[PDB]
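Drug present: tovorafenib.
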Amino acid sequence: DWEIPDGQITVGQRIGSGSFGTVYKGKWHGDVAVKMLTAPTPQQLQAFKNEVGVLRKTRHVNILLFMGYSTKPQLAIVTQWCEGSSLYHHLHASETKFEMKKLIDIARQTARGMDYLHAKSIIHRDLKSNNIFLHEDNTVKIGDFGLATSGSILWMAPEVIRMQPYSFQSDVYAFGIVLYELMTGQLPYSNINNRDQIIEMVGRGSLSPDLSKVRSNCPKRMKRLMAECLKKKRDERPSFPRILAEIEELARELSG
Ligand SMILES: C[C@@H](NC(=O)c1ncnc(N)c1Cl)c1ncc(C(=O)Nc2cc(C(F)(F)F)c(Cl)cn2)s1
């Protein structure tokens, strides 16, 4: 069992509040991060066990290392502490300009982690550049840092907006949107004023990311893989084994 006894974790500075919990930087055999959740509902009790039950089946370098959980005194999830910023903070706030060599490496590590999740039959359900942490500004760490559960429509597939929806291809579309941010430095649909139409237009199949805003030095394989990841039909979107294979081969083309 991975239950951490009460009294071992030294809760420290608060990292950021949410509508569903708060996260602190704790001390527990080193630097750790603890997300603690007044009265737990039967849903919150199950939602906590679902998030821990998913993190228990993860043991990969590109996935945030789950370390333990606690029920006393509060429902908590203990993970490793990583320094740096998320990919959304690098490309759309800090404006960190990466070499094309490193942009492919960030996409490669992201595809490696997404490949490992699908092997374990795990759907991320909320893959975005904000949930992609750059540990030491080098290693990609995939997690779910959402503290409210929905301001994350740019990464939602058309079939996810049309409630009939989470699948491997829905995560592939999110990965395709992340590729758009990497190759453009901007979020999709930046020229749209409100989000009412973005929900309606993308769900209707008449709004797609303008694939001409990509940088000049973007390889032709990245433009083709990004387009296939953004197909409106789910069955026309590839699987991450095929996605990772073409990126790792493309990556070896840049290293001399
Ligand atoms: C305690 C808190 N840790 C931090 O926030 C943090 N960690 C490192 N460095 C920092 N600076 C910070 Cl601030 C977290 N508890 C659970 C987290 C999580 O990702 N759960 C999760 C993961 C997956 C995945 F399988 F896709 F990965 C899925 Cl599918 C669904 N849920 S994250």
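Shown for chain A, in order and in the PDB entry numbering: 449-485, 488-599, 614-628, 632-723. This deposition comes from X-ray crystallography, 3.2 Å. Whatever order the structure lists them in is the order used to number ligands and atoms, beginning at 1. The analysis underlying the following values was restricted to heavy atoms, covering all of them including side chains, and did not include hydrogens, waters or symmetry mates.
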| task | Map tovorafenib onto the structure by ligand number or chain letter. | result | ligand 1
| query | What is the name, according to the PDB entry, of the chain making the most contacts with tovorafenib? | reply | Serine/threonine-protein kinase B-raf
